[PDB]
Amino acid sequence: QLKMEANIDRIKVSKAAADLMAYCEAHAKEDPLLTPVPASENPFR
Amino acid sequence: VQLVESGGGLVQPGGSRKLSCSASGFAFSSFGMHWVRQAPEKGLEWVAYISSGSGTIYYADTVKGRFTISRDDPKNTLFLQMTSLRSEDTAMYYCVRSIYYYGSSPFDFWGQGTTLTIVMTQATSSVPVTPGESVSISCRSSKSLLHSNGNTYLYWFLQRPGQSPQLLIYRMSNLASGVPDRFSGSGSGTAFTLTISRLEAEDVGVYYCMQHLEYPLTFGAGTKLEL
Amino acid sequence: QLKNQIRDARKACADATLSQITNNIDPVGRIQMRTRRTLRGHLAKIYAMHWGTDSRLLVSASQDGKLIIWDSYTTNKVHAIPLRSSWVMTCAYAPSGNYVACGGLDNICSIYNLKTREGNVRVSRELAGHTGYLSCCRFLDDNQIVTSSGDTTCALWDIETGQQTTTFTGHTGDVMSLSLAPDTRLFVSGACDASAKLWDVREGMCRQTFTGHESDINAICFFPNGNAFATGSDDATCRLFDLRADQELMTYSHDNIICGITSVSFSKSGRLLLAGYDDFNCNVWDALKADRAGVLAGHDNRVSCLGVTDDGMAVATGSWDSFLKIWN
Amino acid sequence: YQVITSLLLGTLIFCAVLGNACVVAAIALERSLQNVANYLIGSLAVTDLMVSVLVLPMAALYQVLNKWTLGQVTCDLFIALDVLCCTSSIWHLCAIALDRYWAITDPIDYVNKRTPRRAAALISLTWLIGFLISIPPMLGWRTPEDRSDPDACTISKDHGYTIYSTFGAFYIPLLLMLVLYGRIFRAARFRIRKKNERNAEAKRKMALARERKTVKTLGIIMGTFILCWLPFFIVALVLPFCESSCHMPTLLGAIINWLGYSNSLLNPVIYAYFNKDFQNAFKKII
Amino acid sequence: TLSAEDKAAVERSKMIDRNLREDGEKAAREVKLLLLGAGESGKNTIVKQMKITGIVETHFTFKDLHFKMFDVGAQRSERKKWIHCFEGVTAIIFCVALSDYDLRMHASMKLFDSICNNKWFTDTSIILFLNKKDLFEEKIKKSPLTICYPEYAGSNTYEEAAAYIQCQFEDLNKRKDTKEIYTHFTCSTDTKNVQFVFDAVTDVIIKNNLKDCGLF
Ligand SMILES: CNC[C@@H]1OCCc2ccsc21
């Protein structure tokens with residue numbers, strides 16, 4: 001039990017953090033909560 | 001689930017007759033109710049409508065007051081009060097069920113019908129068909145049916161010859177359940193057509209194109225398809 | 001004994017904090033989050049909610065014996081589903097928009113069919129296999145349901161069979177939260193021992209353990225990339241963990257907040273997360289800049305659950321006042 | 001001289017309108033303050049603002065200007081609104097007392113059946129009494145005496161009217177409140193009466209606290225309701241009879257008929273600004 | 001928005017609200033009781049005499065007053081995470097067996113103190129019960145009582161012992177101005193046990209009602 005979790009594939013946190021930042025910066029254009037969308041296209045108006 | 005109706009027959013002009021549609025296998029207290037009449041040689045013609053618990057009751061111009069309506073939740077029995085009938089009132093009165101919210105399927109399950117004795121027009125009355133080919137039927141509306149919510153209040157109905165019709169495509173873009181999963185439709189405002197892909201057997205019938213934008217509930221002139 | 005070696009590997013594999021990388025990135029400033037509607041139908045306090053798959057519907061289950069289905073755009077109520085046990089602590093919406101499952105102190109989480117030829121909601125399969133209350137029973141497919149209980153066991157089921165095909169074991173304490181990966185291949189859960197274990201569905205046994213809290217946990221969610229997740233407990237400490245690196249990344253805490261958490265969620269791109277505290281307020285936090293993006297008022301008692309639709313248009317929060325507010 | 005009277009009357013009217021409006025605003029904007037008792041209190045508060053706005057300023061005009069200069073129809077309108085509002089502002093107190101008595105005498109009513117319809121029934125009944133009292137002067141029973149002269153906007157001095165109105169508007173409520181709050185006092189006294197030495201000591205000192213607080217509360221309610229009217233009604237009941245005190249001092253009559261109006265300002269304080277739920281709601285909404 | 005679809009939608013929403021309101025009104029003219037205690041303290045006998053797979057439910061009728069008793073001992077879990085569902089209950093029925101002082105009653109004391117001084121149960125009055133007084137009588141006339149707790153020295157009289165048990169149970173609550181406790185002795189065959197609960201509930205209702213008027 002403890003052995004199978006003990007022997008796992010582990011990577012440096014650097015490229016993991018880079019992956020998170022890359023996805024965040026690629027999709028930062030599509031946070032309707034974050035970027036204020038003009039009221040002509042929000043159906044809660 | 002089954003819906004059965006009674007009250008039909010023959011009444012002399014100026015008389016009164018009571019019309020009913022018994023309920024079984026469902027909760028009448030949580031469903032709307034509608035009535036659509038069809039002449040023996042013409043298309044459908046809507047009659048009235050009842051919301052849940054008879055909160056709201058409308059009528060058409062020609063049936064405003066002279067045919068009143070009611071419902072009975074505890075007993076699951078339907079009432080149609082009629083008086084002073086004329087020659088133009090004879091038609092097939094269809095016990096039609098429906099529900100209204102997001103994801104609705106109005107006019108989904110229909111009764112057998114009763115034998116009692118915006119302008120919408122369809123392009124072609126009758127079109128022959130051949131197995132394995134592709135044939136399309138178009139429908140035109142006087143005014144754009146797109147409402148402010150984006151919901152196109154367009155329906156296509158198909159009635160097998162001599163049987164109660166079914167829901168095939170509702171909202172002109174969504175496919176009803178229980179269909180053979182072949183039919184499809186597309187178009188834009190006041191410009192719509194029904195496309196049949198890989199037509200097969202038992203598809204002979206009549207297709208109906210009706211509006212729901214405003215509330216006169218007027219149907220099309222009819223579309224006949226024959227082998 | 002292996003624990004020391006695992007900890008040594010953990011401290012060896014970590015070198016940098018996300019703050020260093022974000023230090024070259026300017027924050028997105030202040031955003032104005034204003035309420036659009038308010039939903040008022042519940043009498044007793046509400047306990048759960050689950051957003052639909054088409055970003056237009058949601059369900060909420062309350063203690064007055066009722067769970068209810070809304071239309072989020074016009075605030076029209078469409079379904080009222082009477083219950084059998086007045087103790088309901090969880091709810092779920094099927095991805096295909098067909099089923100809803102809920103269950104509480106009695107050792108069950110039932111099944112309801114929405115799209116019925118009957119035209120009314122009925123109970124289909126009463127799943128009874130635990131010796132404790134169920135805190136969360138979500139959905140994988142239209143035919144496999146995953147239940148998490150106060151029985152210190154997470155149970156994967158199969159509705160048509162009626163019997164659990166697989167069982168998961170490994171928590172000393174009782175689990176109270178459960179979340180699914182986007183690919184429907186793995187899922188995680190956490191318990192009162194302040195540990196979260198990555199559960200596999202293929203072979204039915206845990207893979208890795210995630211620790212760092214010191215109290216019972218309240219809710220969790222995956223990062224939308226399918227690689228990380230963030231957790232919330234009663235210590236006012238939202239913590240972030242990823243599948244790959246198996247490490248602690250960012251601690252989400254502040255010195256002027258002292259109450260606990262009740263539910264969490266991520267935004268569409270994961271730029272910012274939510275947390276509805278015990279002081280009847282929500283709190284939007286930059287998921288990368290780690291600074292408080294804003295505060296939302298609007299309730300009086302205490303936040304119970306919240307979530308964001310698939311497309312990101314909306315966010316809805318619930319509280320013990322029995323009021324649901326839709327935000328934008 | 002007249003400026004002082006004007007400013008004082010303006011201050012009183014402002015206080016009346018402010019208090020009566022704030023009470024209704026606080027009740028109408030919360031969900032924790034919508035039980036039957038608080039409905040009764042709010043409805044009493046609404047009748048008070050009517051009286052204030054529609055009657056107080058005209059009476060202040062009649063006072064400072066020292067004469068009536070508005071016309072016969074205006075005078076009849078004023079006297080009428082006066083009677084109705086000041087008679088529906090009395091009986092609400094006895095309605096509230098009846099509510100509390102029914103709460104304390106039998107719990108099974110308090111749980112098994114208590115619907116918010118009772119508040120509406122009681123409010124309708126009180127306004128019904130007001131309507132009944134104010135109409136007879138308009139229908140008839142008015143003296144044919146001259147009233148067109150300035151400062152003649154007075155109330156009819158028929159013996160029969162000035163006894164019937166006085167009884168049916170102030171004295172029956174006095175007996176009703178006396179009896180109902182006396183029975184509530186008896187019950188509340190019965191409940192309190194009905195190592196371990198320290199347990200006994202706690203019991204005694206607790207009982208001493210609770211046997212004094214009830215005296216204080218019942219006394220303040222009773223004392224305010226009697227002191228803020230009874231002098232006016234005894235004055236209005238003696239003078240028409242046998243021309244008593246022919247040289248009646250009008251300067252005292254000013255205070256005598258200002259107490260009846262001052263009840264409007266005094267009423268909201270005792271019933272609304274002591275309930276802990278209102279204090280908390282006021283702190284919240286402010 | 002002037003289409004039959006959304007008019008029907010708002011109609012359905014209005015009726016759902018009305019149905020929910022009626023149900024919420026109906027389920028409030030009812031008194032809810034949390035029946036709590038140890039497993040073998042005599043709960044079942046209480047259940048039978050009062051009446052005349054996790055949480056268990058109970059229903060009554062007694063002179064135009066409706067009760068509701070829950071049983072929370074069947075399941076074993078983290079008590080701290082399902083107790084808040086029980087706010088607004090009028091009274092708590094704590095059942096204790098007297099015979100078991102020498103078999104445990106110390107654990108009953110620890111449980112009583114924990115349940116009474118709950119921050120969520122600050123202002124709920126407590127009904128107490130004491131069962132199996134018979135076997136208590138045989139045990140005390142066969143064996144002494146000081147083995148349970150040597151700090152007490154006194155006669156072996158059943159009156160003095162029972163009074164000491166009552167006083168020991170009652171001296172636990174820290175707050176007394178808002179919460180008061182009623183005791184009662186039961187010999188496992190009584191026709192006067194429902195009456196005690198009726199009287200306790202009536203007293204609770206009256207002492208609460210007098211509070212909002214400013215009296216008491
Ligand atoms: C001064 N305002 C009250 C008014 O004074 C005249 C007699 C009377 C009877 C009922 S109300 C009333």
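Letters go in sequence order (proteins before strands), and every chain restarts at 1. Indexing begins at 1, ligand by ligand and atom by atom, following the structure's order. These values consider heavy atoms only, across backbone and side chains, with no hydrogens, waters or symmetry-generated copies.
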Look at ligand 1 and say which of ulotaront, fosfomycin, alendronic acid, desflurane is there. ulotaront
I'm curious which chain is the main partner for ulotaront in this model - what does UniProt call it? 5-hydroxytryptamine receptor 1A
Using a heavy-atom cut-off of 4.0 Å, enumerate the other chains touching ulotaront. D
Let me ask it plainly: counting UniProt's transmembrane segments of chain D from the N terminus, which have a heavy atom under 4.0 Å from ulotaront? 3, 5, 6
